[PDB]
Amino acid sequence: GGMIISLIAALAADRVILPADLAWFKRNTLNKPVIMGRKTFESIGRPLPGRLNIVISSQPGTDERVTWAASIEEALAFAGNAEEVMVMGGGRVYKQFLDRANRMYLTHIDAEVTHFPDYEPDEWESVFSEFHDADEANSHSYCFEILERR
Ligand SMILES: COc1cc(Cc2cnc(N)nc2N)cc(OC)c1OC
Ligand SMILES: [Cl-]
Ligand SMILES: [Cl-]
Ligand SMILES: [Cl-]
């Protein structure tokens, strides 16, 4: 019943948008509809297996392995009856969906290194936190966080 729109993003120092983070992203997107910007799809260069790939863009695309949406309302309709839709970037897409999003999956990475939208922390409360030190596989330390709208 109903639908929850969730943002998922890896944020470095500032709002600027690591195998462990990819596992976390895989953990929280698999078996769910996914909405991404055209540039993000280009960067990934493929469809993500195990989920419905919705690419939101003003113009169509030559890749029919994914579904192309012309507006946010079209993208949400393409999610069907899914309980939760994952909005996975990029920065323009996060801007588009922030007001409609009630959940946020954030990975904070300790790297200096296009900004994530500014949001009032007063409107969001943390419902999960987990810190991980860098190790052999991961060059940096990172913190996983899930925020839900007050
Ligand atoms: C799964 O592969 C990718 C995924 C993403 C999106 C993404 C990746 N990580 C997190 N925490 N949130 C996201 N929205 C971004 C990527 O680079 C554009 C990817 O290629 C490595
Ligand atoms: Cl698949
Ligand atoms: Cl729109
Ligand atoms: Cl902004």
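In this chain, numbering begins with 1 at the start of the sequence shown. Counting starts at 1 for both ligands and their atoms, in listed order. These values consider heavy atoms only, across backbone and side chains, with no hydrogens, waters or symmetry-generated copies.
The compound at ligand 1, a drug or drug candidate, is named trimethoprim.
The chain sharing the greatest contact count with trimethoprim is, according to the PDB entry, Dihydrofolate reductase. Numbered from 1 in the order shown, with element, the atoms of trimethoprim that lie under 4.0 Å from a heavy atom of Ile8 read 12 (N), 13 (C), 14 (N). Among all non-hydrogen protein atoms, the one lying nearest atom 20 (O) of trimethoprim is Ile44 CG1, 3.9 Å. Counting the atoms of trimethoprim from 1 in the order shown, those under 4.0 Å from a heavy atom of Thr107 are 11 (N). Contact atoms of trimethoprim toward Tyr94: 14 (N) (distance under 4.0 Å to a heavy atom of the residue). Within the structure, trimethoprim lacks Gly89 among the residues with a heavy atom less than 4.0 angstrom away. Shortest contact from atom 10 (C) of trimethoprim to any protein heavy atom: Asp21 OD2, 3.4 Å.
Between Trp24 and trimethoprim, no pair of N/O atoms sits closer than 3.5 Å.
Source organism of chain A in the entry: Yersinia pestis. Inside a 4.0 Å radius of atom 15 (C) of trimethoprim there is not any protein heavy atom.
Taking only nitrogen or oxygen atoms, main chain and side chain alike, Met88 reaches within less than 3.5 Å of trimethoprim.
Given atom 7 (C) of trimethoprim, the protein heavy atom at minimum distance is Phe25 CD1, 3.6 Å.
In summary, the atoms of trimethoprim found under 4.0 Å from a heavy atom of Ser43, numbered by their order in the structure, are 17 (O), 18 (C). Binding site of trimethoprim, heavy atoms within 4.0 Å: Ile8, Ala9, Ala10, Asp21, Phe25, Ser43, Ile44, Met88, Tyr94, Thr107.
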